[PDB]
Chemist: 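Below you will find the structure I want to go over with you.
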Amino acid sequence: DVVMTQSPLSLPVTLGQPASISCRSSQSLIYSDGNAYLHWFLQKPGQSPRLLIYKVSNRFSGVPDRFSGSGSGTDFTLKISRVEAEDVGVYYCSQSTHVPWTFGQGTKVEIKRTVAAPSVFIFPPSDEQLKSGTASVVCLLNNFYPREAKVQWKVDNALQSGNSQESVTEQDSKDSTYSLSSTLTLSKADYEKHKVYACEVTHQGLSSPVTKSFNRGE
Amino acid sequence: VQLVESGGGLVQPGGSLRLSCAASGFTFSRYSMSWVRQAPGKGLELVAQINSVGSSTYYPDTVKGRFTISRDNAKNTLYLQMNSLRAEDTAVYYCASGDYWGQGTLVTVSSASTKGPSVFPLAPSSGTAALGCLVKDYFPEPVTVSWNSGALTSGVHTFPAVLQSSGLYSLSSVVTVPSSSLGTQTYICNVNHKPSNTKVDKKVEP
Amino acid sequence: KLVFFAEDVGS
């Protein structure tokens, strides 16, 4: 089976700078008609993969001039002239010379941008949710860079573990920032037994950790 | 050129599904076709590959003997008969002519029932103001969340669904608005859960 | 529309 080797698997790159994605083929891709059936695809989040380059160097309809493809035999490369904010997604190399049609592991392209401190917000559970016997305490970390950020839940200064789940949005196509949400899940009885509810935030963009808290009861 | 998939959805483990694709704009009979899958946060994995007429067929050893790719060159349609479904078959299934990829139909293999979510407001407190909604305890994916019937798109962040230990999904959708705007402007999010036929519009007020 | 797969070149 024709195995496509991609490098790097993660591609952080500054705006307007060029990028190169490597692809090795386990064997020859030259077909009897003279064309080597090696393509490049781009898949942005929540959408279907789109063909960029088709036969080693040809670009597809609507695909910009900044994308370019090179290589012969086993070694291949996909080069970008200038990295735009809209280029964030997973790039795939593919072979259609032999059956089956195979793919590479995929290269995630990231925008390397200026450090941005997150906007921290704490939301107390709704009164309606407390009726059903459950309380959800949400923490919002808005528009930050890099993606790496630590969230700690504190209930009357006692550190929480195993009772919170976090969710991170994909890199933005306009400002290239990240957004994080952590949700602390407690039963009504466990929730009503405590006063102080806080979320401690540690990020590179913050000189000191940011703590946002509320008291249950107002 | 278009590729519209159907027949996808929630299915019981060990069950069967049959995916259909309506291929348009390019002389379907002339080319090979395929079915490529993608599990949550994973790469591209080919499921089945058929030739122009339908005399050659390939399936990898993950689906071989359980899946069947077929085509009607007169109706301009592609089929995939999936049988003996396993939780490892849970993925988004695309129909691809290579150069073109359809929207993809989501297949879920689970014994868990269809459940509609609970929509809770994330009320604003104390010139940027943050508010939102918590979309909790639903199965299966997806849900869709819009603000003020699509009018409010600026500064909206809808978070990926996280599976809870209870086996149900949950997510939050947030929006940043000026504090000035609050007193005047009414904030309502439109939550849609097509799998369970649930529609909820929640007013988020301070 | 292109002859994406090499098996379709002979068609």
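In what follows, every chain begins at residue 1, and chains take the letters A, B, ... in the order their sequences are listed. Looking at the header, which is where the method is noted, we find X-ray crystallography, 2.4 Å.
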Chemist: Give the name, from lebrikizumab, solanezumab, ofatumumab, of the drug modelled at chains A and B.
Modeler: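 That one is solanezumab.
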Chemist: According to UniProt, what is the name of the macromolecule sharing the most 4.5 Å contacts with solanezumab (chains A and B)?
Modeler: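 Its main partner is Amyloid-beta protein 40.
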Chemist: I need the source organism for chain C from the PDB entry - what is it?
Modeler: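 Per the PDB, the source organism is Homo sapiens.
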Chemist: Okay, heavy-atom pairs under 4.5 Å with chain C - which chain of solanezumab (chains A and B) has the most?
Modeler: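 The top chain by heavy-atom pairs is chain B.
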Chemist: What does the epitope of solanezumab (chains A and B) look like on chain C if contact means non-hydrogen atoms within 4.5 Å?
Modeler: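 Counting heavy atoms, the epitope is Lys1(C), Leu2(C), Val3(C), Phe4(C), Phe5(C), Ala6(C), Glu7(C), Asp8(C), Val9(C), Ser11(C).
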Chemist: Write out the paratope of solanezumab (chains A and B) toward chain C, with heavy atoms under 4.5 Å.
Modeler: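 The paratope residues, heavy atoms only, are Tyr31(A), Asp33(A), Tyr37(A), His39(A), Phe41(A), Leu51(A), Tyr54(A), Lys55(A), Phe60(A), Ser94(A), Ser96(A), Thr97(A), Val99(A), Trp101(A), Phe26(B), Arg30(B), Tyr31(B), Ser32(B), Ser34(B), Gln49(B), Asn51(B), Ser52(B), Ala96(B), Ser97(B), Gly98(B), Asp99(B), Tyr100(B).
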